[PDB]
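Drug present: darunavir.
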2 protein chains.
Amino acid sequence: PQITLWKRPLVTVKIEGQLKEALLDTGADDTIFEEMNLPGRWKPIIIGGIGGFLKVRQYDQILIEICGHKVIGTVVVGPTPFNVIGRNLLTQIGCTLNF
Amino acid sequence: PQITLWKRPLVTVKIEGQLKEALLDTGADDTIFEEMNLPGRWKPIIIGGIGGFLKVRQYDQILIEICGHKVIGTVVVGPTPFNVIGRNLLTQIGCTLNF
Ligand SMILES: CC(C)CN(C[C@@H](O)[C@H](Cc1ccccc1)NC(=O)O[C@H]1CO[C@H]2OCC[C@H]21)S(=O)(=O)c1ccc(N)cc1
């Protein structure tokens with residue numbers, strides 16, 4: 001699919017059997033989701049953004065099904081205004097910017 | 001130009017006669033740059049990102065030359081770890097996401 005940017009590039013994803021909308025964020029190095037349970041041992045980490053830094057939990061090799069594709073990679077969990085699909089998963093689907 | 005996401009999608013831009021690198025950010029609704037002066041009257045505003053909110057100065061109708069293209073739109077000035085090209089200017093260059 002080709003996605004314009006006139007509106008927020010939100011996509012429906014399936015992660016750990018839960019349905020969520022996430023933002024295709026080329027400005028996000030990593031993927032972060034709002035609170036939820038995930039499989040595996042997680043290490044507490046901290047991420048930094050525009051308005052400050054955020055303490056969160058890091059999970060490795062998490063399966064997300066995004067708009068019909070599948071990817072496995074690091075997913076961070078913590079308070080975010082949006083679920084964000086960072087570049088760690090965008091590359092796996094071969095996502096690119098064009099103009 | 002086609003841009004993959006294995007590396008940060010930074011581009012060289014020319015704004016107010018100054019050369020800067022900025023992040024092509026599909027997750028950013030608006031464009032924000034680190035401190036600098038700009039033409040016109042600015043209204044103080046506050047933006048909200050991951051980890052908190054940030055007070056900034058809003059400027060309207062600002063010309064940025066991005067990788068050979070020209071755009072005019074709202075640019076916000078404030079303390080950000082990166083200069084970010086939000087969707088308010090990405091649409092003007094016809095930027096899209098593809099996969
Ligand atoms: C939090 C999102 C819903 C929106 N953000 C855009 C996003 O691309 C930022 C843009 C960004 C880029 C670098 C630094 C701060 C913010 N990237 C980001 O938060 O990524 C974080 C998760 O992965 C890591 O990658 C770096 C930061 C971490 S935002 O920076 O806060 C933002 C919000 C509104 C406007 N008008 C402009 C920018």
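Letters A, B, ... are given to chains in the order of the sequence lines, protein chains preceding strands, and every chain is numbered from 1. Quick note: numbers below take in every heavy atom, side chains included, and nothing from hydrogens, waters or symmetry partners. When a ligand or atom number is given, it counts from 1 through the structure's own listing order.
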Which chain is the chief contact partner of darunavir (ligand 1) here, under the naming of the PDB entry?
Protease NL4-3
Chain letters with a heavy atom under 4.0 Å from darunavir (ligand 1):
A, B
Darunavir (ligand 1) atoms in contact with A:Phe82 (distance to a heavy atom under 4.0 Å):
3 (C)
Give the source organism of chain A as stated in the entry.
Human immunodeficiency virus 1
Nearest-option assignment for atom 28 (C) of darunavir (ligand 1), heavy atoms, candidates A:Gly48, B:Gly78, A:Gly27, A:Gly49:
A:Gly48
May I ask you to check whether B:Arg8 has an N/O atom sitting below 3.5 Å from an N/O atom of darunavir (ligand 1)?
no
Is there at least one pair of N or O atoms, one from B:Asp30 and one from darunavir (ligand 1), spaced under 3.5 Å apart?
yes
Shortest protein heavy-atom distance from atom 14 (C) of darunavir (ligand 1), along with the residue and atom involved:
B:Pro81 CG, 3.4 Å
My understanding is that we take every heavy atom of each candidate and find the minimum distance to atom 10 (C) of darunavir (ligand 1). Doing that for B:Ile85, B:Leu24, B:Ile47, B:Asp25, which one comes out nearest?
B:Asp25
Give the residue and atom name of whichever protein heavy atom lies nearest to atom 26 (C) of darunavir (ligand 1), and the separation in Å to one decimal.
A:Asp29 OD2, 3.4 Å
Answer side chain, backbone, both or neither: which part of B:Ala28 comes under 4.0 Å from darunavir (ligand 1), heavy atoms only.
both
Is it the side chain, the backbone, both or neither of A:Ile50 that has a heavy atom closer than 4.0 Å to darunavir (ligand 1)?
both
Is there a polar contact, in the sense of an N or O pair closer than 3.5 Å, between B:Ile32 and darunavir (ligand 1)?
no
If you draw a 4.0 Å sphere around every atom of darunavir (ligand 1), which residues of other chains have a heavy atom inside it?
A:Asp25, A:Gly27, A:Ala28, A:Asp29, A:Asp30, A:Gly48, A:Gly49, A:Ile50, A:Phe82, B:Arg8, B:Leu23, B:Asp25, B:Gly27, B:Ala28, B:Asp29, B:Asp30, B:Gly48, B:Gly49, B:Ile50, B:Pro81, B:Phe82
